[PDB]
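What follows is a short report on a single structure.
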Amino acid sequence: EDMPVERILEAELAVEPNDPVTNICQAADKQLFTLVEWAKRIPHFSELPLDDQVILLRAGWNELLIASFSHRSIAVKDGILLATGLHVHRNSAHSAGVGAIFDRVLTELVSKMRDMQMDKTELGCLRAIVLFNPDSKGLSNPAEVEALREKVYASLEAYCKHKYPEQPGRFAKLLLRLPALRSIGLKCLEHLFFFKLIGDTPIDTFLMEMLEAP
Amino acid sequence: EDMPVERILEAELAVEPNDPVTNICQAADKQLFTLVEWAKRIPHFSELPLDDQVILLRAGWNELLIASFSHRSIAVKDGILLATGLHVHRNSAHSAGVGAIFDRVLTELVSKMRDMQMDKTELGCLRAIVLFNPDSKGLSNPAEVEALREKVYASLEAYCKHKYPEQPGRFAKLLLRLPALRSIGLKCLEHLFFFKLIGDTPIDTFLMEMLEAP
Amino acid sequence: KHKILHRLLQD
Amino acid sequence: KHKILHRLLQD
Ligand SMILES: C=C(c1ccc(C(=O)O)cc1)c1cc2c(cc1C)C(C)(C)CCC2(C)C
Ligand SMILES: C=C(c1ccc(C(=O)O)cc1)c1cc2c(cc1C)C(C)(C)CCC2(C)C
């Protein structure tokens, strides 16, 4: 209870008003501060113990951001729109050594969100589900985190069907993008760690912190 | 249409009647031959072009097998039951250098399938969904693969709720184990590749083939 | 390539 | 550890 899709949508709206790799990294760092604010706007998130709020954010920040800029790029032809309002095209990503992962973002996420015309309410519920990941290690009470996740997709399921009566399977379709998001989020992390190791590519404070241990 | 849960269940039943790493690998190789037979029993799978049947199997074999032995181990305390009828306990996996990934299997998959008492029909539909992965690269007609996937979870959704009226969110719960399956399947692949590289650990012909390129 | 896989699918 | 994250959550 007390997990309405109206609150989630508001959250999504309340936050988002020369090297391409360095640009994408600065946008990520900038979006991390906003991500925290976003999470606080998701009902019940703040009522959880601070220790679990840290685990959930550190555990899902990457997928939370990939999902956001992906939906934001729905109007971009072959590229993505960065928080800094700057663009990154397929060719530019390819010329930076990250062509493969960039394309997976376009094919598995961006293009798909556009084809099904995923709305901001659906995106928010998806992100809230990711946020409330009960598999996160360290959680003091993985039970409550699981309870929250269930309420999110429950309100989402109701939102769907009602908003899209012609599409009985729209709900399941949404959830089925999560496996791709997990995989793509994991590949993004491997890249980042390598970048940090090498030394090149400027990495801001907040983004650097997420790459810390554990 | 023509994607009944009765056919899927049958498929699940029609197939499954000293180094722990070497034992798990031999069980995997043995299960790969059966996996192919299993897939042929899933309606429409065989009607797809041979080229896509290869892509879908090579793309999801790992998650298909992880999901099978996980559900088979539902009765095991802290370990898993191998196709060879042999057991592998948590401590034994730890003493082999794969404690972490093994535990993730127990916590994110096995223990969860048991808590919700996932039945064989649910497992089969889940595996069929994984099998029909439209994100697989190379697919000649990713559209039809997507159509098949939709019919699977559609019949699953109907199976659920009806079989479990008290659990409105059981369906979504099932689909939400797929992200963990993806992640755990990916980690399993990294291990295997390393094993192959090193040279130790006997790897049978079929399992060796899956580790080929692309 | 993919010898085994093709043979099993075809039969 | 996790300096930044804690400070932002607390405020
Ligand atoms: C998580 C990423 C991210 C997060 C937020 C934004 C944003 O602009 O909102 C952009 C990018 C991100 C995404 C990527 C990257 C690096 C990062 C930091 C690299 C690995 C540089 C290229 C591949 C993709 C595009 C997936
Ligand atoms: C895909 C695996 C697999 C597949 C099928 C079975 C089976 O007995 O049915 C057992 C194991 C598998 C699973 C694992 C492994 C290796 C393999 C080949 C290693 C990496 C050896 C340990 C971690 C886990 C248990 C996830």
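Chain letters: A, B, ..., in sequence-line order. Just so it is clear, chain A uses the PDB entry numbers, and the residues here are 228-244, 262-458, in order. Chain B uses the PDB entry numbers throughout; the residues present, in order, are 228-244, 262-458. What you see of chain C is 686-696, where the numbers are those given in the PDB entry. Heads up, chain D uses the PDB entry numbers, so what you see runs 686-696. Each ligand, and each atom within it, is numbered from 1 in the order the structure gives. Side-chain atoms are counted along with the backbone in the values below, which use heavy atoms only and exclude waters and symmetry mates. Header entry for method reads X-ray crystallography, 2.1 Å.
From fenofibrate, naltrexone, Targretin, the name that belongs at ligand 2 is Targretin. Structurally, the greatest contact with Targretin (ligand 2) is made by what UniProt calls Retinoic acid receptor RXR-alpha. Lab note - other chains with heavy atoms under 4.0 Å from Targretin (ligand 2): B. The closest approach between a heavy atom of B:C432 and any atom of Targretin (ligand 2) is below 4.0 Å. Most residues of chain B that touch Targretin (ligand 2) lie in the UniProt domain NR LBD.
Taking the UniProt all-trans-retinoate-binding residues of chain B and keeping those with a non-hydrogen atom under 4.0 Å from Targretin (ligand 2) leaves B:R316, B:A327.
Summary of contacts: the protein heavy atom closest to atom 16 (C) of Targretin (ligand 2) is B:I268 CG2, 3.5 Å. Under a 4.0 angstrom heavy-atom cut-off, B:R316 registers as being in contact with Targretin (ligand 2). Using a 4.0 Å cut-off to heavy atoms of B:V349, the atoms of Targretin (ligand 2) that qualify are 26 (C). Atoms of Targretin (ligand 2) found under 4.0 Å from any heavy atom of B:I345 (numbered from 1 in listed order, with element): 23 (C).
Geometrically, Targretin (ligand 2) and B:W305 share no nitrogen or oxygen pair separated by less than 3.5 Å. Taking the UniProt 9-cis-retinoate-binding residues of chain B and keeping those with a non-hydrogen atom under 4.0 Å from Targretin (ligand 2) leaves B:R316, B:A327. Organism of origin for chain B, per the PDB: Homo sapiens.
At least one protein heavy atom sits closer than 4.0 Å to atom 3 (C) of Targretin (ligand 2). Of the protein's heavy atoms, B:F313 CD2, 3.4 Å lies nearest to atom 10 (C) of Targretin (ligand 2). Of the protein's non-hydrogen atoms, the one nearest atom 25 (C) of Targretin (ligand 2) is B:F346 CD1, 3.9 Å.
The ligand atoms of Targretin (ligand 2) that sit less than 4.0 angstrom from a heavy atom of B:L309 are 4 (C), 5 (C).
Regarding atom 20 (C) of Targretin (ligand 2), its nearest protein heavy-atom neighbour is B:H435 CB, 3.7 Å. The distance from Targretin (ligand 2) to the heavy atoms of B:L326 drops below 4.0 Å at these ligand atoms: 8 (O).
Considering both main-chain and side-chain atoms, B:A327 comes within under 3.5 Å of Targretin (ligand 2) through a nitrogen or oxygen pair. With non-hydrogen distances under 4.0 Å, the site around Targretin (ligand 2) consists of B:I268, B:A271, B:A272, B:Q275, B:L309, B:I310, B:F313, B:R316, B:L326, B:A327, B:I345, B:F346, B:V349, B:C432, B:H435, B:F439.
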Name each N or O atom in Targretin (ligand 2) that is under 3.5 Å from a protein N or O, and give the partner atom and the distance.
{"unit_1": "Targretin (ligand 2)", "atom_1": "8 (O)", "unit_2": "B:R316", "atom_2": "NH1", "d": "3.4"}
{"unit_1": "Targretin (ligand 2)", "atom_1": "8 (O)", "unit_2": "B:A327", "atom_2": "N", "d": "3.0"}
{"unit_1": "Targretin (ligand 2)", "atom_1": "9 (O)", "unit_2": "B:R316", "atom_2": "NH1", "d": "3.1"}
{"unit_1": "Targretin (ligand 2)", "atom_1": "9 (O)", "unit_2": "B:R316", "atom_2": "NH2", "d": "3.3"}

